[PDB]
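Consider the following structure, which contains diclofenac.
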Amino acid sequence: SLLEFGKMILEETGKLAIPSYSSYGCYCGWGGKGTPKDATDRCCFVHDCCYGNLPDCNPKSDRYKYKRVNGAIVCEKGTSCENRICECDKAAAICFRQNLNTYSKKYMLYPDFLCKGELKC
Ligand SMILES: O=C(O)Cc1ccccc1Nc1c(Cl)cccc1Cl
């Protein structure tokens, strides 16, 4: 659920889901349209897509359990949705961690009209 994802984010990037990633680029936090502005934005685009493969699930509210073996994120067995949701969030976290070096504040609160064009998953 949104609750786990943010915590996962924080541990991974040292940044807070809100407001560091809740309104970044064209896909972080609300998604919808345009061309992902950067790597971090790309992470969100993929992440939205991931959630997309689970029409009959509820990512925002279904909670899952996970542990860190050492530095690694390991999703614990739960419902199928729960497991596939976790794998989606884990990917996004690692992704964020992998592009922290290019995170740009000029993309915080990015205005909607500056996101043109559809991009397929
Ligand atoms: O893909 C993302 O960056 C995350 C993302 C996508 C869709 C919806 C919400 C979020 N994040 C989000 C979180 Cl992670 C916590 C509190 C409030 C919000 Cl809106």
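We number chain A the way the PDB entry does; in order, the residues shown are 1-14, 16-56, 59, 61, 67-86, 88-122, 124-131, 133. As the structure lists them, so they are numbered: ligands from 1, and atoms in each ligand from 1. So this one's X-ray crystallography, 2.7 Å, going by the header.
Taking the chain with most contacts, the partner of diclofenac (ligand 1) here is, per the PDB entry, Phospholipase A2 VRV-PL-VIIIa. Residues of chain A that UniProt gives as binding Ca(2+) and that have a heavy atom less than 4.0 Å from diclofenac (ligand 1): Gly30, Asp49.
As stated in the entry, the source of chain A is Daboia russellii pulchella. Counting only non-hydrogen atoms and rounding to 1 Å, the UniProt active-site residue of chain A nearest diclofenac (ligand 1) is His48, 3 Å. The 4.0 Å heavy-atom shell around diclofenac (ligand 1) contains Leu2, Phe5, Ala18, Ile19, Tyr22, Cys29, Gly30, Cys45, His48, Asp49, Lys69, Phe106.
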